[PDB]
Asks: 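In this model we see silmitasertib bound to Dual specificity protein kinase CLK3.
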Amino acid sequence: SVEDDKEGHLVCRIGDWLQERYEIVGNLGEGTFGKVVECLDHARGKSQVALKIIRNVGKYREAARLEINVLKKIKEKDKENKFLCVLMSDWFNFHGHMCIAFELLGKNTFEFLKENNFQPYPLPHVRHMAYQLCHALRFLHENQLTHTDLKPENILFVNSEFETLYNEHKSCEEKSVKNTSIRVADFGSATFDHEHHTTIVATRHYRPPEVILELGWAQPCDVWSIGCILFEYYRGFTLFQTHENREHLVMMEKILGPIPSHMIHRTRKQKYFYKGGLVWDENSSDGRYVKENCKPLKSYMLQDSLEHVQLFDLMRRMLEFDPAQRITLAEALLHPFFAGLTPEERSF
Ligand SMILES: O=C(O)c1ccc2c(c1)nc(Nc1cccc(Cl)c1)c1ccncc12
């Protein structure tokens, strides 16, 4: 009657119902955890929802339980729904799968980019998106909570309907999103201050130096992630296209300058250093890739203008090695970069 498979996944497709209430109408994506479907909610006037279905596996169903509690508390601490976190309307246990019902939104920021041939969002869009991220996460931080898994895939457009513009200088078409309003999603790694902090958090590309070096992590972790994301919105490609610790650190040095010595002394990962200098093989493929591809942060600017200088200044502050030294989100919202917003953008 209700069927599964190997890793757990519920056997469902467009047509199938959950709880005699949620009628599946399409697919939205899949992942390591399980699936996300578009449904109609027949107990709420055929409301359009995005239903997340965690797999029927002990530790997944388990971790989902804490995800819900995080969402309960976000919901509970923002009743006006003004702080731009994905809104959970409902959660439930279906024969082993924890399902979480969310408001239905458009494409995530990675998927939009991919479909735009990895051509960057205009700086005004980067500016408005940056501003929402800071606001959302500042709110999360304010509340003893750290996301830990921020990345473009986890940032969703409310509506991703785009305009098509011809780019004169590039001789090709570009997709320009009509509404740059966003929501922060995927709280299945979000962590309270008083809860246990796993040693390693974040997707590698967005993982900060204090985590690699194993110096402990707090809220500033999310700030490092945002720097990475803003660069990625600005250029269209990943800042740290890395698969390995050593390489990652070398990339951080090539791009941001040398690791501060107090962090080298504090870490118990001394296998990376040698007389306070990073040890790596420059003639290996990794070494050559980094040599070829990783230049100082400023060399990535596309324009000299003030608003571009300002973005790159905020970005460097977001990407400070020392987390104690790293800009906070409250300081970020005060930066002369957001003086470029429109009152509609600024007022939320
Ligand atoms: O986890 C959440 O908090 C979460 C919450 C809501 C959505 C979501 C993830 N992922 C979506 N799409 C998506 C895109 C790519 C891969 C995957 Cl697995 C899912 C999506 C789409 C439309 N409306 C809401 C959502």
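This chain uses plain numbering: 1 for the first residue, then up along the sequence. Every number for a ligand or one of its atoms is a count from 1 in the order of the listing. So this one's X-ray crystallography, 2.3 Å, going by the header. All values below come from the heavy atoms of this structure, side chains included, with hydrogens, waters and symmetry mates left out.
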Asks: Using a 4.0 Å cutoff against the non-hydrogen atoms of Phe33, which atoms of silmitasertib qualify?
Replies: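 With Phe33 as reference, the close atoms of silmitasertib come out as 18 (Cl).
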Asks: In terms of heavy-atom distance rounded to 1 Å, which UniProt active-site residue of chain A is nearest silmitasertib, and what is the value?
Replies: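 The UniProt active-site residue closest by heavy-atom distance comes out as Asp149, 9 Å.
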Asks: Which ATP binders in chain A, per UniProt, sit with a heavy atom less than 4.0 Å away from silmitasertib?
Replies: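 Counting heavy atoms against the UniProt list, it comes to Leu28, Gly29, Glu30, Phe33, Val36, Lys52.
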Asks: Which atoms of silmitasertib are found less than 4.0 Å from any heavy atom of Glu103?
Replies: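 It comes down to these atoms of silmitasertib: 23 (N), 24 (C).
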Asks: Provide the UniProt domain of chain A home to most residues in contact with silmitasertib.
Replies: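 Most contacts sit in UniProt domain Protein kinase.
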Asks: Per the deposited model, what residue and atom form a covalent bond to silmitasertib?
Replies: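 The covalent link is not modeled.
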Asks: List silmitasertib atoms under 4.0 Å from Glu30, heavy atoms only on the residue side.
Replies: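 Contacts of silmitasertib toward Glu30, numbered from 1: 18 (Cl).
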Asks: Looking only at heavy atoms of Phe110, does any of them come nearer than 4.0 Å to an atom of silmitasertib?
Replies: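 For silmitasertib, residue contact (heavy atoms, under 4.0 Å) with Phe110 is absent.
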Asks: Which is closest to atom 17 (C) of silmitasertib by heavy-atom distance: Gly29, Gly188, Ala101?
Replies: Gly29
Asks: Tell me which one of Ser160, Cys85, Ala185, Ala64 gets a heavy atom nearest to atom 4 (C) of silmitasertib.
Replies: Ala185
Asks: What part of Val36, side chain, backbone, both or neither, has a heavy atom within less than 4.0 angstrom of silmitasertib?
Replies: side chain
Asks: If hydrogens are left out, which of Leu156, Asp186, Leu105 has an atom nearest to atom 20 (C) of silmitasertib, that is, the closest non-hydrogen atom?
Replies: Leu156
Asks: Looking only at protein heavy atoms, which one is nearest to atom 12 (N) of silmitasertib, and what is the separation?
Replies: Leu28 O, 3.9 Å
Asks: Near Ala50, which atoms of silmitasertib are under 4.0 Å from a heavy atom of that residue?
Replies: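 Those atoms are 23 (N), 24 (C), 25 (C).
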Asks: Report, in ascending order of atom number, the atoms of silmitasertib lying under 4.0 Å from any heavy atom of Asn108.
Replies: 14 (C), 15 (C)
Asks: Which residues, given by chain and number, make up the 4.0 Å heavy-atom shell around silmitasertib?
Replies: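 Residues with a heavy atom in range: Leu28, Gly29, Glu30, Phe33, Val36, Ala50, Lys52, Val86, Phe102, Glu103, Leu104, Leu105, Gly106, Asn108, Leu156, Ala185, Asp186.
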Asks: May I have the N/O to N/O pairs between silmitasertib and the protein that fall below 3.5 Å, each with atom names and distance to one decimal?
Replies:
residue, atom, partner, partner atom, Å
silmitasertib, 1 (O), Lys52, NZ, 2.8
silmitasertib, 3 (O), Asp186, N, 2.8
silmitasertib, 23 (N), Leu105, N, 3.0

